[PDB]
2 protein chains.
Amino acid sequence: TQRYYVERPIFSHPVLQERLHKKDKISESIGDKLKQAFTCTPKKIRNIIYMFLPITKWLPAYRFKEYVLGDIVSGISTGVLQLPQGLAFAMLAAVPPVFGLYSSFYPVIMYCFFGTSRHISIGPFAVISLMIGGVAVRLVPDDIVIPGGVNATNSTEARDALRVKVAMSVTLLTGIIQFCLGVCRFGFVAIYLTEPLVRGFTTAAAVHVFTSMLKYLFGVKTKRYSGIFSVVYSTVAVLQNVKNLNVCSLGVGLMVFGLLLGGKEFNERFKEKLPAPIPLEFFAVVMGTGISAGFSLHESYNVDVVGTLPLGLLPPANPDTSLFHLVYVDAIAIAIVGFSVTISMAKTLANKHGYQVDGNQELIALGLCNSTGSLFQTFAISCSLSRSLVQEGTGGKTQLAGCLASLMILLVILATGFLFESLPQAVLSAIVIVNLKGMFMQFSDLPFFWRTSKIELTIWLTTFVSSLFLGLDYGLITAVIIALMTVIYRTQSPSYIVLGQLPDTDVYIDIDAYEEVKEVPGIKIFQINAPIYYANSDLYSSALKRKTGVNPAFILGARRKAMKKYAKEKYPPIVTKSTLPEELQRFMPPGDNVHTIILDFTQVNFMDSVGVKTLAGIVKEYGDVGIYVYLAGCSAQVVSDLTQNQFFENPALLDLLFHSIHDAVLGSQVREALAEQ
Amino acid sequence: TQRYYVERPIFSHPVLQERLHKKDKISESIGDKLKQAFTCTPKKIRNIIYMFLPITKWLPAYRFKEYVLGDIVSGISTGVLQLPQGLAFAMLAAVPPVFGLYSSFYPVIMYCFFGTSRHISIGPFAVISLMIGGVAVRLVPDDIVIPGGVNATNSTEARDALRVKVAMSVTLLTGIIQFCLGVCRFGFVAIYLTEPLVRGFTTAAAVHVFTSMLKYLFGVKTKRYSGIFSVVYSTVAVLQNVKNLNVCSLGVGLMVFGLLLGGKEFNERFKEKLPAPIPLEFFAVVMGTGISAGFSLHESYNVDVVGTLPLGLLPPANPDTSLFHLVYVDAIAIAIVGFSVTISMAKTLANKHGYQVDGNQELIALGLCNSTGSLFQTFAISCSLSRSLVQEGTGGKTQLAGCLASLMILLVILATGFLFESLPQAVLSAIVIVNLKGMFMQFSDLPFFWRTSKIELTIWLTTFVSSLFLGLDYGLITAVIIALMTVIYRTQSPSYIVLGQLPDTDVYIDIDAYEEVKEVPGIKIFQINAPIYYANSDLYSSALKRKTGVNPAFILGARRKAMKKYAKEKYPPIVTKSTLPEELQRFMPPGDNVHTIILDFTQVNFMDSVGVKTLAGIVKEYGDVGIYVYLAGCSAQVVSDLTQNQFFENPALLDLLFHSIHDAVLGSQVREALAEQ
Ligand SMILES: O=C(O)c1ccccc1O
Ligand SMILES: O=C(O)c1ccccc1O
């Protein structure tokens, strides 16, 4: 009453059409828009040199008073977590532990130059290292001994050198693939990664890492299973060898879990003014090695040790570009998996801080990091999750924290490093699992998605299962394709609702859920909140016939039955509706006198040939019975998809469309009134 | 002016909500609806016995006066086409030619009992026979000779017996798979077969059949290539052996092409009163064998001959159920391909004749036909296209035409059959290719789809290429998945249009295409005709910022720049909008004074967590700038997906939704007026 007064003529498709005229729509430089491109203006080249290389954006516009201290503390904490994590994922890749430090040094600084993100700790990610180890073991199995000229002892250095070479080759291929896709504007694919998809995939990866590193801390040595059901085989191999373990390895492993627990207690025990957000991992690892040395558990009970760490920067060496023909498949796998994880982490942290990250630029930077690392004896690299979260939470606000972490790792790899010699894998195990703590707390997504929407739970659980029992490349591909199939499903089980009319107004709402929307007499309105295409075409027609209670086949059957029982003694010059071929008797079953069916197309986004054909069949059938059909809510896309197909041959069909549900209702009533003459 | 007078109060989501109340919605027998099921009423059991076995629907309700003659003529024509086609596809499957007659006899009558369709000629389909031949050759290669005790000559009968056994095994597995899927209500999958998908897939199959049977009529013998790029290898093998051909084989092959051409001329030459729609194939094959015998081309130039046809019905024999472990993959392939083709043909012919066919019931019937045929030495069976089209066009109106064709084939296989002994493969080649004529004319879909819609052309061409260069199982799977990906694409490139307002009315149309829809001042309206979900979330936000000309990031940047240049001398107690933190100067760039952004959700079918998050970000950003955001066109699904996620924490957010674009516009104007106090 207060507002919303319109009082306009009924806009049938023809009426509204003549009350409009088309604009020129003349585009500028049709076909070849590139003439306005290829300009040498300083601004465009400046933007190009910014976007292909974003280091020139930070150093000029770099605040010093507050960014520096946060960068220092974040860099210290990140490097602290980088060291044992790098060593652990190095030995998880069946390579000498030093290459973990190599991986923690070179790609980090190169990404700091080329990466587009402010909270990411580039480094040796667990799953990428696990794939590297899988291929390295597969091509160089432990029972293949290449006889040299020495024959001194059963030296493993030849095997490890071959493993390093094959790792270098596969990582070069991953870098080349990532660079090619990045320059091919392939970073748009980073959008088919839903939040539950990434959550479940990374959680499954956490389970994989947990089981493998669990094999490590027990002191038991078993075969490195890989492929489908890899985690099952690995964990049953560990359980089959729960016996003959190393008791002191568990002693120190639970002891360093104990120092983490006493670290949470240490936050309440020893802190007055000095302790910063201390990287408890450094004190944990130092205490572990010191306590192990003092208690004499290695020399008395033979705990496994990280091993000799050859000091010195190794010179660059061109890798053998001849293993590609038998490593390319899982090189593709590693590239895709690493890019997906790092871009998801970057996007997730880009919402907390307001800025944005360029996906394909991230692809280019990560690929160049991997390639040049391959040149410098470095296995494959992406964004780890625990380290990146630690760097963000500590307070770093520029990639200089990563640069400082790389500086610390360089200091470890060049000057010092003798102290980390006598270090047990149990400490590394605890470091990794504690880093897995939050990633495992991430199962809280299941009840929340169960309450919120079960399709998101379906994507989450499917991603979890496919990335747990199958591999992780195959799990990722299956999870993405299921994600797209779930979107498809959501258009094949829509909300078929029959619309009533709110009294005295033009608002139309579901009839059988509000008890105040008594439907207009003589009219049935059917609405689908989904596009009408091939995969949802016959479902729509069947639902229309079933739900409205108006079945043309049943009506014709009843009509011929009643007629049988009664007798006991222009170029398309076709009217779309047929009259009633009845003598107006009462033998037929008295149902309703519905005379028009108003299909709602306000929610129908698009149509195709099959949908056009099925509406043609619907209109033809209801016209044969004697029931008009009006398509309400005509849009540009719907009428375009109806005109392109030979639907609007216009016997009268252009007069059926209406621009609103109320427009169709009023048109039907006006036509009925004009028929009562 | 004439109609459409409403004059209602502005229905914001809170206002509309209180003017409604929910109905009870109490469902009947929640959870366990099966208590009302499992009833023994005669009607339900009658419908069950009808639906699992539809032979009891025709014989009772069978008109005799007009159906009989059409059934006779259609059955004669169909059996005529069945004989040479069956023999040709038998020898195309690397089996003795009699099994073509076996395949044309048993499954036809069994489908006549169990099938649900009135225009289908069940029989030895070309592609299914080609897959059968591929597996039979693969498991029994031509260079594997099993030495018996005879050693008389290089007898091929042992090889052919092994080929028959392996064909029987794979066909039993296909029948079992089809029956299991049919009883598992898997016939719903028959809806992911778009018209262009089937058209292109069958056209590619026609190309495959053309090339293979082309190998046949040249009289040249080459290796039967199979796998990926199978057609390329086969045709280059034929071209490599164009030399050393059989000249008389081409003579008779082009001669019977000549008799087909003279048959089109014969329609105008010899027809006064007697000739029915004659099955020209019978006269063609009889004339071919008679002319070849009279002209003495075999005995003088050694043309290839069909071979001895052992007369007599062979007794049933249980097939070896031990090859399954190495035939199951392409048994699955054959089952899926055959079911897809036959269901597409049935659905296509079910629209020309008004009735309907049950997909999963077709699966059950076809599977039982294949299984029992496997019991009776019969290779795999589905619906051929040329024969089915011939049967429909001739005039048959019940599956009794197929039964009559089976009777004719039985007469050929039992009483007669000696006449078909001296028959050349060239006649069979011409029969098959002429049957391919229309299937090749089916390329007319390309320009038509180019004019109509290029997504349907994309599905057509992708299906063609994937089913031509790759295999046909792999081609079908790839084509279907691309079909679903095209549906996905259609929601990632929607029509982002800014809406103006038709003067004096409430109709909102695209602003920059009609020159009469001058937009309401101070308001920008943005509309997407697509759901807002993960795969189309950031595209929507970027398009909203870019297309409306309102960028919050640019506005904040300009605001801080102007401020810098100026200085030359409840539990969520947050207001969603922030006021203007400006001293009202002129240094900032004077653009537009847009104060609200009305997003259109009438076309948005659904949402998820990512879409809810991105609208939250949009609202928060524009509120920080000082611009209101109103979601127009609230629907049940959209508000449900907004309430389930923690979007409606209601600081004031429940007041932003509106039920129509005009409602949002009037609400914005009223609020602005109330602000000018
Ligand atoms: O860095 C890890 O150890 C890790 C591994 C898999 C998943 C998430 C992670 O943080
Ligand atoms: O019957 C055939 O030969 C045929 C083969 C492939 C595709 C369509 C067909 O009609």
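Simply put, chain letters go A, B, ... down the sequence lines. Using the numbering of the PDB entry, the residues shown for chain A are 13-581, 615-722, in order. Chain B uses the PDB entry numbers throughout; the residues present, in order, are 13-581, 615-722. As the structure lists them, so they are numbered: ligands from 1, and atoms in each ligand from 1.
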- Task: Determine which of salicylic acid, oxipurinol, methimazole appears at ligand 2 in this structure.
- Result: salicylic acid
- Query: At the binding site of salicylic acid (ligand 2), which chain contributes the most contacts (name from the PDB entry)?
  - Reply: Prestin
- Query: Can you list the other chains with a non-hydrogen atom under 4.0 Å from salicylic acid (ligand 2)?
  - Reply: B
- Numbering from the N terminus as UniProt does, which transmembrane segments of chain B have any non-hydrogen atom less than 4.0 Å from salicylic acid (ligand 2)? 1, 3, 5, 10, 12
